[PDB]
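Figure: kanamycin in its bound pose on Aminoglycoside 3'-phosphotransferase AphA1-IAB.
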Amino acid sequence: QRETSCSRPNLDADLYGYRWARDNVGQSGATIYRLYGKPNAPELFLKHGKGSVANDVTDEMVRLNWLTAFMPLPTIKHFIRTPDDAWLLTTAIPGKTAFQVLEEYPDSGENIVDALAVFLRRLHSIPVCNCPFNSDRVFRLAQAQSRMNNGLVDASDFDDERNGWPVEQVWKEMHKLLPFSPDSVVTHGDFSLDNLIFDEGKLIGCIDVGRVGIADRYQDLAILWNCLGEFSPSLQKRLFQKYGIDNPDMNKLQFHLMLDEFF
Ligand SMILES: NC[C@H]1O[C@H](O[C@H]2[C@H](O)[C@@H](O[C@H]3O[C@H](CO)[C@@H](O)[C@H](N)[C@H]3O)[C@H](N)C[C@@H]2N)[C@H](O)[C@@H](O)[C@@H]1O
Ligand SMILES: Cc1ccc(-c2nn(C(C)(C)C)c3ncnc(N)c23)cc1
Ligand code: NA
């Protein structure tokens, strides 16, 4: 059947009367706009990806859409995909990042880490049978290989212990840590202090979920542990203690930190 009846059925009016600011200025990836200062309307964020980055913004859109059923996330107001562009408009989660609150309230360090650990347990508790996204080490290693071969790796942003290493050395050394035992949980993928939002003293949500998928829990623990290393070894140790691991697996920890060097 081809019913063949002639019938017939955006982003412009969604943005009426907002002030525009351009955020996260010196960071890679999508251009980020903060929309604010419109009376009687919530703050919004608008991501714009061109070229390969449009795929990244598209990845984030579908992971927001899926994961919001389980966790507190920004809400998708509008998304557009054209052959070379992606625009993602979301509601802002009010508040400050974990990083911001740690700097502003140094004495709150322990409470902040406890909250991050509990939040991480909640995410990791989502049964994997719900998750349509694969983010496992095999998938991420292939992504890392392509980024290295495409010349995209930021070799000046390596951790201190790999400062000045050629990217190829990191690649080679990382492979010596394999194989290790399979563990699969729903992960965030970039669980840094920048991507967790606190408001009025409470952890109310996470952002930047474009790498969400099934992976080793150390994908999230490692990145966060690394961030806490800017502040104190005791906050790093407390993360694992609150999460409930007796003996942090230093091999998996090192593997996932090396892997994140490529991203
Ligand atoms: N290229 C884009 C990526 O840039 C950062 O990721 C990088 C980390 O920042 C680096 O680590 C440094 O910064 C940490 C705090 O972020 C510090 O604790 C750590 N001691 C520092 O060496 C790490 N070596 C590589 C990782 N790719 C962003 O987070 C990530 O979202 C973004 O996609
Ligand atoms: C100081 C600060 C605070 C928040 C954000 C932020 N970035 N982003 C993205 C980048 C995911 C759109 C957000 N998305 C939703 N809510 C947010 N609050 C943010 C950024 C910087
Ligand atoms: Na939600």
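Using the PDB entry numbers, chain A covers 5-13, 18-271, in order. Whatever order the structure lists ligands and atoms in, that order sets their numbers, starting from 1. Computation of the quantities below employed the complete heavy-atom set of this structure, encompassing side-chain atoms and omitting hydrogens, waters and symmetry-equivalent molecules.
- Within the model, the positions assigned to kanamycin, copies included, correspond to ligand 1.
- By the definition of a contact as any protein heavy atom under 4.0 Å away, atom 1 (N) of kanamycin is in contact.
- Of all atoms in kanamycin, numbered sequentially from 1 with element shown, those under 4.0 Å from a heavy atom of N234 are 18 (O), 19 (C).
- Covalent status of kanamycin: not bonded to any chain.
- Both the backbone and the side chain of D167 come within 4.0 Å of kanamycin, judged by heavy-atom distances.
- Nearest to atom 33 (O) of kanamycin by heavy-atom distance, out of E169, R155, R219, is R219.
- Counting only non-hydrogen atoms, the option in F271, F239, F166, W233 that gets closest to atom 32 (C) of kanamycin is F271.
- Counting heavy atoms closer than 4.0 Å to kanamycin, residue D165 contributes atoms from both its backbone and its side chain.
- Counting heavy atoms under 4.0 Å from kanamycin, residue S200 does not touch it at all.
- The binding site of kanamycin, defined by non-hydrogen atoms within 4.0 Å, is formed by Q35, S36, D165, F166, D167, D198, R219, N234, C235, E238, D268, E269, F271.
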